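Drug fentanyl bound to macromolecule Antibody heavy chain.
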Amino acid sequence: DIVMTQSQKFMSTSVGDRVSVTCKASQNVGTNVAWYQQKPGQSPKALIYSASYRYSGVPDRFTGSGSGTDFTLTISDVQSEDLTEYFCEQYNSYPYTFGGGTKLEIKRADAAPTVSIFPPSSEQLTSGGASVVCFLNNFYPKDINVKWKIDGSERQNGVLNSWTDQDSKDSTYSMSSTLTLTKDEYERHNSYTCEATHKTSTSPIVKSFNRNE
Amino acid sequence: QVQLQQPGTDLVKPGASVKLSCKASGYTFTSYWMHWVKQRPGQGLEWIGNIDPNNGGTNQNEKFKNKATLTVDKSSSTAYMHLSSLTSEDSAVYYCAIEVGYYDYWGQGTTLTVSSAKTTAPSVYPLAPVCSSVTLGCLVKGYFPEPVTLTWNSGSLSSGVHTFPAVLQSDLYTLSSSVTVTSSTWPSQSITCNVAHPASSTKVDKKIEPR
Ligand SMILES: CCC(=O)N(c1ccccc1)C1CCN(CCc2ccccc2)CC1
């Protein structure tokens, strides 16, 4: 089978720049190469066919070049909306084969997280669970330290964190952090704190509540 | 308008067989080759094969030779992919795709989960703030299999939304979603998370109310 190699898993760039993603075929494929864009959780969208021809409706910021074994997708005037995965594919001979994909990544200005803490809902308490949820939204860069405290004591057991991909509107990151307790554990303490350190500040962002309010 | 309709969700036991369908409309079904593509959790794309609906002729990736069979039903304009002796390695999104003129068209994909764990409906909890802009939340806890669909005000509320990837905890998934609006908007106007889990025939709306 023909092997398509996209050697870069990740490629950093800034908005307005030009960026080039490469693909090397293991044997000659003529110009019978296609490029695709994939938004997280969506079907692929074809950008280029026959190495250099845009499918209709594709912005002309996307161009393709190459023939034989070396193929390049170039994106001019990069924007937040281009934060997707890009795949090359050869359709010169069966079986058609894809490259492993390249993720774009955008350097932008630093931004502090907006932090929100949520006590268990009354409905959840009726069923015997207690989840405390903390959102840390629209920050940059990706590095962030989240810490939970209960009654002034650090809590690590039962915390689960989930990160969005870099945002296609503003190139920021967001994160959820969920502390899952039993109802008995929740009712056995009073103060619950989600706290975050991030390079935008010299002091943690602290959001807190008391169960008995 | 060219459209390819795929069922969104299929959960099956290991060792079973499944028949995935792709229903076409808006063009002459027999005039265009149908392609099938596999995409595994957090992985790349694999071409499975294509089929000529006019005569049933197929080209298949040999990787899937004893796994997949492609067929078509002319009279219902439907392409099928039969997968046999399923394993967890077959859990993936499966896409059907065509090119008509100079446009590509894709089905929305069937998320096939191969597992011996059981369909579980989620509990859906509204998250209001503690007692200039306010953030609300929606917690979707304890469901199987993926996916769930979550929207805000039936999709009309789309900006300021962050819906986070699900995480797995003891064979069940949990996700949450946040939405940020101006303090003059809520609670003066109504905001509701709509959560669908097709696998469990589950559709619920939780209005966010102040505590
Ligand atoms: C992964 C499936 C796949 O390989 N493709 C595909 C992509 C989207 C939807 C259906 C199939 C190829 C795309 C390029 N074409 C040849 C070029 C071309 C371009 C425009 C019109 C006609 C032909 C062969 C099939």
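Below, chains carry the letters A, B, ... as their sequence lines are ordered, and counting in each starts from 1. Note that these values count all heavy atoms, side chains included, but never hydrogens, waters or copies made by symmetry. When a ligand or atom number is given, it counts from 1 through the structure's own listing order.
- Those other chains that come under 4.0 Å from fentanyl (ligand 1), heavy atoms only, are A, B.
- For fentanyl (ligand 1), the residues with heavy atoms nearer than 4.0 Å are A/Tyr36, A/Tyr49, A/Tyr55, A/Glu89, A/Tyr91, A/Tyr96, A/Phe98, B/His35, B/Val37, B/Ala97, B/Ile98, B/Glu99, B/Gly101, B/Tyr102, B/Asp104.
- Here's the thing with A/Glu89: one of its N/O atoms is less than 3.5 angstrom from an N/O atom of fentanyl (ligand 1).
- Short contacts between fentanyl (ligand 1) and A/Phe98, defined as distances under 4.0 Å to a heavy atom of the residue, involve ligand atoms 1 (C).
- Atoms of fentanyl (ligand 1) lying under 4.0 Å from at least one heavy atom of B/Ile98, given by number and element, are 9 (C), 10 (C).
- Shown in contact with B/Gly101 at under 4.0 Å from a heavy atom are these atoms of fentanyl (ligand 1), numbered in order with element: 21 (C).
- Of all protein heavy atoms, the one closest to atom 24 (C) of fentanyl (ligand 1) is B/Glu99 OE2, 3.0 Å.
- For fentanyl (ligand 1), the atoms lying closer than 4.0 Å to a non-hydrogen atom of A/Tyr96 are 4 (O).
- Listed by number with element, the atoms of fentanyl (ligand 1) under 4.0 angstrom from any heavy atom of B/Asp104 are 8 (C), 9 (C).
- Given atom 17 (C) of fentanyl (ligand 1), the protein heavy atom at minimum distance is A/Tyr91 OH, 3.6 Å.
- Checked against a 3.5 angstrom limit, the closest N/O atoms of A/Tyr49 and fentanyl (ligand 1) fall outside it.
- Scanning the protein heavy atoms around atom 5 (N) of fentanyl (ligand 1), the nearest turns out to be A/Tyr36 OH, 3.4 Å.
- This PDB entry labels chain A with the name Antibody light chain.
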